[PDB]
J.: 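Context: structure of ziftomenib in complex with Menin.
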Amino acid sequence: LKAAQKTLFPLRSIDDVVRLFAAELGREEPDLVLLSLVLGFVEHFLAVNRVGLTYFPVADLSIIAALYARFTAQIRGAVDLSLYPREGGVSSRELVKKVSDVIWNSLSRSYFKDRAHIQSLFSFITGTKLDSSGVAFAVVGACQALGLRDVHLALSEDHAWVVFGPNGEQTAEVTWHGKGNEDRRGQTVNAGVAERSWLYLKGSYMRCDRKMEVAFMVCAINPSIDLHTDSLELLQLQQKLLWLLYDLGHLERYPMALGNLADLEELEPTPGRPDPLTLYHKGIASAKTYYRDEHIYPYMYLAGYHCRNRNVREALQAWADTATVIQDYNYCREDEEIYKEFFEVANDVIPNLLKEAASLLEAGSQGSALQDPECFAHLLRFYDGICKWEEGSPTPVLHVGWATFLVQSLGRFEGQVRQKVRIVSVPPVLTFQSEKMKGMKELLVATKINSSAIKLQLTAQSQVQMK
Ligand SMILES: CNc1nc(NC2CCN(Cc3ccc4c(cc(C#N)n4C[C@H](C)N4CCN(S(C)(=O)=O)CC4)c3C)CC2)c2cc(CC(F)(F)F)sc2n1
């Protein structure tokens with residue numbers, strides 16, 4: 001560490017950690033290794049082991065500098081730069097692979113790879129454990145420590161890798177995804193881009209600078225103590241650090257970070273700040289501006305907020321927007337995480353919401369989503385996008401389990417409401433993009449819902465029971 005990096009120690013409070021991040025973010029290049037070690041230290045003593053806690057776990061320079069020295073020694077010792085000449089101030093694929101191998105080979109042979117609190121360089125050093133995206137971050141921090149200014153973190157909505165090389169144009173896989181089913185470690189991401197999978201976002205993934213890599217580690221803070229309890233101290237630290245990054249402009253290209261900040265503000269609003277809704281909409285605006293509106297989670301963040309607040313109209317609208325994004329992807333083998341999200345929304349969340357709305361309608365609610373044809377249109381647009389998604393995909397999406405819930409959900413709206421939606425062809429008003437929903441149009445607006453016909457149309461089940 002440089003002398004100027006050490007003057008704020010010891011860190012005795014949340015605000016002292018914020019000052020450290022402010023100082024680093026004002027430097028030429030913030031020190032990723034220093035910052036991740038500090039966050040992991042304070043997370044360990046606020047969420048993993050709170051024995052002896054009286055206010056805040058004091059981070060002494062001697063402790064942090066020793067951890068820092070362990071990391072930099074491990075990397076500099078195992079990676080000999082002389083073997084990998086750098087032509088052009090840029091790194092080679094072999095060098096990036098070597099750094100990835102060094103991180104990988106340091107990890108415990110067996111552990112639960114989905115645990116909490118294994119995201120930081122603190123976990124790497126003290127526990128020899130990292131989660132999937134934690135390995136990618138560690139590769140980037142190791143590269144920074146080695147002076148490899150061109151190596152940066154790349155992020156989709158469910159995976160992480162690195163960019164590097166001439167113009168920062170090369171990609172390399174450096175960690176596992178999911179079960180570790182495939183690998184492609186060391187290869188480009190271009191096959192996944194070319195297949196139009198959600199996992200690689202059609203190439204509209206995040207290419208971090210150093211400041212966005214700091215935002216990533218802040219988003220990566222895990223306040224959870226257990227399944228029922230969060231650390232207030234860590235929630236506050238994450239919130240204050242996210243506001244710092246926001247004010248400095250470093251969340252401009254980070255949609256999900258804005259959703260995280262909005263969620264924190266909902267829990268505990270900061271005087272004189274934008275409201276959660278404004279922040280969710282900035283997240284969506286970031287995705288439209290920088291990522292061709294090809295991201296799903298900005299709309300999911302918004303929908304969840306509306307769901308929690310029982311704004312059924314606005315929740316349905318946001319979900320219909322999630323589907324309007326997914327429809328221009330192919331559903332591929334490693335996209336299971338976003339299938340799980342759509343599944344739970346269609347087959348659990350929406351049914352719960354509409355069941356409650358039905359009871360409230362019985363009790364005399366006015367302005368009910370169930371009496372609003374625009375709400376029925378949103379529901380139909382949601383299913384349309386899912387059906388369009390499935391078109392031309394190498395693996396199907398829909399099955400009869402989905403059909404039971406679609407029929408139930410349609411039935412929550414009376415015929416007099418459903419009949420008000422106008423479904424218009426290309427070449428409330430809605431246009432369907434999917435052939436499935438186009439074929440379902442007359443069934444949707446009929447006084448009595450034909451369940452079996454709907455099932456057949458949604459699943460493209462050819463035949464009905466013989467006997
Ligand atoms: C913040 N930075 C960041 N975050 C990353 N990933 C985040 C993606 C969002 N999740 C939280 C999450 C999960 C599911 C969500 C939602 C929202 C919805 C909806 N509807 N849904 C659907 C589900 C079914 N329900 C709906 C009902 N609600 S409720 C009870 O509240 O009403 C709960 C959630 C959210 C917000 C947290 C993690 C990532 C990932 C990266 C790639 C890599 F590899 F690094 F991991 S970078 C990154 N950055």
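Position 1 is the first residue of the sequence, and the numbers go up from there. Indexing begins at 1, ligand by ligand and atom by atom, following the structure's order. Below, each value reflects all heavy atoms present in this structure, side chains not excepted, and no hydrogens, waters or symmetry copies.
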J.: Is it possible to name all ligands or chains that make up ziftomenib, including repeats?
T.: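 You'll find it at ligand 1.
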J.: Flag atom 1 (C) of ziftomenib as yes if some protein heavy-atom distance to it falls below 4.0 Å, otherwise no.
T.: yes
J.: Could you tell me the residue and atom name of the protein heavy atom closest to atom 18 (C) of ziftomenib, and the distance to it rounded to 0.1 Å?
T.: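 Nearest protein contact, heavy atoms only, for atom 18 (C) of ziftomenib is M300 O, 3.5 Å.
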J.: Record the part of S133 in heavy-atom contact with ziftomenib below 4.0 Å; permitted values are side chain, backbone, both and neither.
T.: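 Within the 4.0 Å criterion, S133 contacts ziftomenib through side-chain atoms alone.
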J.: Which one of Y301, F216, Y299 has a non-hydrogen atom at the shortest distance from atom 38 (C) of ziftomenib?
T.: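 Among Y301, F216, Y299, the closest heavy atom to atom 38 (C) of ziftomenib belongs to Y301.
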J.: For ziftomenib, is any non-hydrogen atom under 4.0 Å from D348's backbone (N, CA, C, O), its side chain (CB onward), both, or neither?
T.: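 Answer for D348: neither.
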J.: Measure the distance from atom 5 (C) of ziftomenib to every protein heavy atom, then report the residue, atom name and distance (to 0.1 Å) of the closest one.
T.: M256 SD, 3.5 Å
J.: Is atom 25 (N) of ziftomenib touching the protein, meaning some protein heavy atom lies under 4.0 Å away?
T.: no
J.: What's the shortest distance from atom 15 (C) of ziftomenib to any protein heavy atom, and which residue and atom give it?
T.: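 Protein heavy atom at minimum distance: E341 OE1, 4.2 Å.
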J.: Would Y254 count as a polar contact of ziftomenib, with the cut-off being nitrogen or oxygen pairs under 3.5 Å?
T.: yes
J.: Source organism for chain A, as stated in the entry?
T.: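 Per the PDB, the source organism is Homo sapiens.
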J.: Considering only protein heavy atoms, determine whether one is less than 4.0 Å from atom 48 (C) of ziftomenib.
T.: yes
J.: Specify side chain, backbone, both or neither for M206, according to which of its non-hydrogen atoms lie closer than 4.0 Å to ziftomenib.
T.: neither
J.: So for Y305, does at least one of its heavy atoms come nearer than 4.0 angstrom to any atom of ziftomenib?
T.: no
J.: Would atom 28 (N) of ziftomenib count as contacted, meaning some protein heavy atom under 4.0 Å?
T.: no
J.: So, regarding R308 and ziftomenib (criterion: nitrogen or oxygen to nitrogen or oxygen, under 3.5 Å), is there a contact or not?
T.: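 Yes, since at least one N or O of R308 sits under 3.5 Å from an N or O of ziftomenib.
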J.: Closer than 4.0 Å to some heavy atom of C219 - which atoms of ziftomenib meet that?
T.: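 Contacts of ziftomenib toward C219, numbered from 1: 1 (C), 2 (N).
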J.: Backbone, side chain, both or neither: what part of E344 comes under 4.0 angstrom of ziftomenib, heavy atoms only?
T.: side chain
J.: What makes up the binding site of ziftomenib if contacts are defined by heavy atoms under 4.0 Å?
T.: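 The site of ziftomenib, heavy atoms only, is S133, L155, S156, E157, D158, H159, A160, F216, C219, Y254, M256, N260, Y297, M300, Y301, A303, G304, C307, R308, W319, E341, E344.
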J.: Under 3.5 Å, N/O to N/O: give me all the pairs between ziftomenib and the protein, one per line with atom names and distance.
T.:
| unit_1 | atom_1 | unit_2 | atom_2 | d |
| --- | --- | --- | --- | --- |
| ziftomenib | 20 (N) | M300 | O | 3.4 |
| ziftomenib | 20 (N) | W319 | NE1 | 3.0 |
| ziftomenib | 31 (O) | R308 | NH1 | 3.0 |
| ziftomenib | 49 (N) | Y254 | OH | 2.8 |

